[PDB]
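Presented below is an entry in which one can find PF-00835231 (bound form).
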Amino acid sequence: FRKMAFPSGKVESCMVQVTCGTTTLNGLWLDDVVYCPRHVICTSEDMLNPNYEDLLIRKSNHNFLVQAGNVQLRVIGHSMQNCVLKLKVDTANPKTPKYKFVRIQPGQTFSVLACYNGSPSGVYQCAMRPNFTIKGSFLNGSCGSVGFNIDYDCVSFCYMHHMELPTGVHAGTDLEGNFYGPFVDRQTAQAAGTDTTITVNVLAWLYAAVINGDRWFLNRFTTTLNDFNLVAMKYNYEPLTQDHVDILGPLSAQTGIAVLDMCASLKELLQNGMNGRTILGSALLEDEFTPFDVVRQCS
Amino acid sequence: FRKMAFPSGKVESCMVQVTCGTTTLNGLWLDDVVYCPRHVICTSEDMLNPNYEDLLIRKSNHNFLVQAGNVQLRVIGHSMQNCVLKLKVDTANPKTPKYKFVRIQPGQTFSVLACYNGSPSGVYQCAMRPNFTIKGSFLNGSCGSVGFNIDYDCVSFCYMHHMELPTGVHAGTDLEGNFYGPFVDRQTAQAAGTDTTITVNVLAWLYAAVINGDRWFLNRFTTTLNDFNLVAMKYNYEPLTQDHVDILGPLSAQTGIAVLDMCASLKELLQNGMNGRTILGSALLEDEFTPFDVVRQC
Ligand SMILES: *[C@@](O)(CO)[C@H](C[C@@H]1CCNC1=O)NC(=O)[C@H](CC(C)C)NC(=O)c1cc2c(OC)cccc2[nH]1
Ligand SMILES: *[C@@](O)(CO)[C@H](C[C@@H]1CCNC1=O)NC(=O)[C@H](CC(C)C)NC(=O)c1cc2c(OC)cccc2[nH]1
């Protein structure tokens, strides 16, 4: 069992570099449009106190330097959708995959293709936290990197990167330019709401541990859904819904462990700690695997 | 800091499926050769005690079904090199990257592109353990999946998947078909040697902690390489080689902490534990980040 990402080839073929004067970041080239974070139009001074509509009307198409590898792409139009800039270019991307733009729900997972200067660098799996941050690995020049899922040859783009919070977690938008969470694309220190643990994902991960032979945390107790949620909320875990219980069905069916029985194990874990033992080699309870992630990897 | 796979697109364009009879696995299509595990030519029953030489003499070019997607690549030549089959096909792969075949050392990390029926399924980072297994994630149909590194748009292929041990770890070959470790490609339960901790990678991780301002564990002592190697073995840690000392060079230079000073700090952690303290947010010492991974990810 590993943290596994989608193969990144279909997205790699779409990454380009976008530059305005001194400011450079990544864009996503689909058909004849390049999508990128709108703050590419900002100078350093602009970023402190931007008026985006004001700065954009003053830009000309020839101010935008778009590079796909060695080839420059001529910008022939531009518009702004929330925090995303849409650059019309004179060439269609011949490797545009079947794709969709989706806004994901907290607790869902996606793969991140970290890019720098339009060049793909690494791929890794992230979850949208309940407080709408993501725990990513992003350096200077990573803005415009995207997150995505792949479902039978179709790429669902869900995340475009904009920001690293003082706490080292990250914040960004969907491909409609709308931030996840209460953040803004301005050069200021911003805090997120208090984070919580994604309970349904922890449970999926415990089932993964059982599937892979580690059972030490199981017990003979059970619990009602409500009494589990009482303890979970006490430890800053998200509540578990009956929808979540149903989504855990296949993993319950596979292991022969009723969902509310695994809840009783998790309750004991939260109240007792792991006593220095590990689960799937982790000293901490892991909450960035969805039930579908576990089902896909373990079957 | 977290584990990152390489972007997999250059390798995805090289994945094909190879079928003999009803037996299908994955192959790697570079120029006009497809590389794949030789046990594709086994029936379910021959895998118990296979005579690959005798099994291959019954085989002809036209018995091999090679497909890129649903498109057949006609096989025009075949040969066996150790545990891989090399199938020459009539079409040179137009997406062949710059590539090399390399045999990695224990401790080295690489990205694995897990594939099923020639269809890439996922990508993740792996380290070769000192006992020559990898802690992978593989299901039925995964054989022929490859592991690789990318250095300046050149793909270094280092692993082709063959086997899952009873303990749930994985074993395979380099792309010349030579197993890492004492494993053989037959349908038998095989055991790996007892595993050890990858000392050079733990040290790289301590340097990354230092680079990030987490340096409480730096002590006032130094050690000789030989003294350290002897104590490290008492804790089931790998001994350091001269090559290990040299690849820690850049990180030592960046932090101003001599390699042997860091070894003395690690030795104190081994003899005394962490005393409830963490390093880079972990109570456990991480050993699957190489010095290159620390440089790359910073
Ligand atoms: C993009 O590369 C920018 O084009 C960059 C990515 C981050 C740099 C380091 N790691 C990253 O993920 N983004 C930024 O620099 C953004 C730009 C905004 C949206 C205009 N800003 C921040 O991430 C940012 C600003 C501040 C800050 O101010 C003052 C104070 C504290 C944190 C902080 N983060
Ligand atoms: C390839 O897919 C096979 O072409 C398959 C991959 C493993 C299946 C489950 N997870 C995997 O990684 N490989 C095998 O089935 C190989 C085939 C050999 C090389 C001919 N065999 C094993 O991995 C294997 C056999 C046995 C065994 O016997 C009896 C007993 C215990 C473990 C075991 N593993």
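Lettering of chains follows the sequences in order, A, B, ..., and the numbering in each one begins at 1. Numbering of ligands and ligand atoms starts at 1, following listing order. Below, each value reflects all heavy atoms present in this structure, side chains not excepted, and no hydrogens, waters or symmetry copies.
- Looking only at contacts, the largest set of contacts to PF-00835231 (bound form, ligand 1) comes from what UniProt names 3C-like proteinase nsp5.
- Every other chain with a heavy atom under 4.0 Å from PF-00835231 (bound form, ligand 1) is named here: A.
- Within 4.0 Å of PF-00835231 (bound form, ligand 1), judged by non-hydrogen atoms, the site holds A:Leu25, A:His39, A:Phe138, A:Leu139, A:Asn140, A:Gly141, A:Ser142, A:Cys143, A:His161, A:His162, A:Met163, A:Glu164, A:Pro166, A:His170, A:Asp185, A:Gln187, A:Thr188, A:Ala189.
- Checking only distances, A:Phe138 does come within under 3.5 Å of PF-00835231 (bound form, ligand 1), N or O to N or O.
- This entry records a covalent bond between PF-00835231 (bound form, ligand 1) and A:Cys143 SG.
- On a distance-only criterion, A:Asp185 and PF-00835231 (bound form, ligand 1) share no N/O pair closer than 3.5 Å.
- Residue contacts with PF-00835231 (bound form, ligand 1): A:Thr24 is placed with no nitrogen or oxygen under 3.5 Å of a nitrogen or oxygen of the ligand (distance criterion only).
- For PF-00835231 (bound form, ligand 1), the polar-atom distance check finds an N/O of A:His39 within less than 3.5 Å of one of the ligand's N/O atoms.
- UniProt assigns most of the residues of chain A contacting PF-00835231 (bound form, ligand 1) to the domain Peptidase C30.
- Rounded to 1 Å, the minimal heavy-atom separation between PF-00835231 (bound form, ligand 1) and the UniProt active site of chain A occurs at A:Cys143, 2 Å.
- Considering backbone and side-chain N/O atoms, A:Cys143 comes within less than 3.5 Å of an N/O atom of PF-00835231 (bound form, ligand 1).
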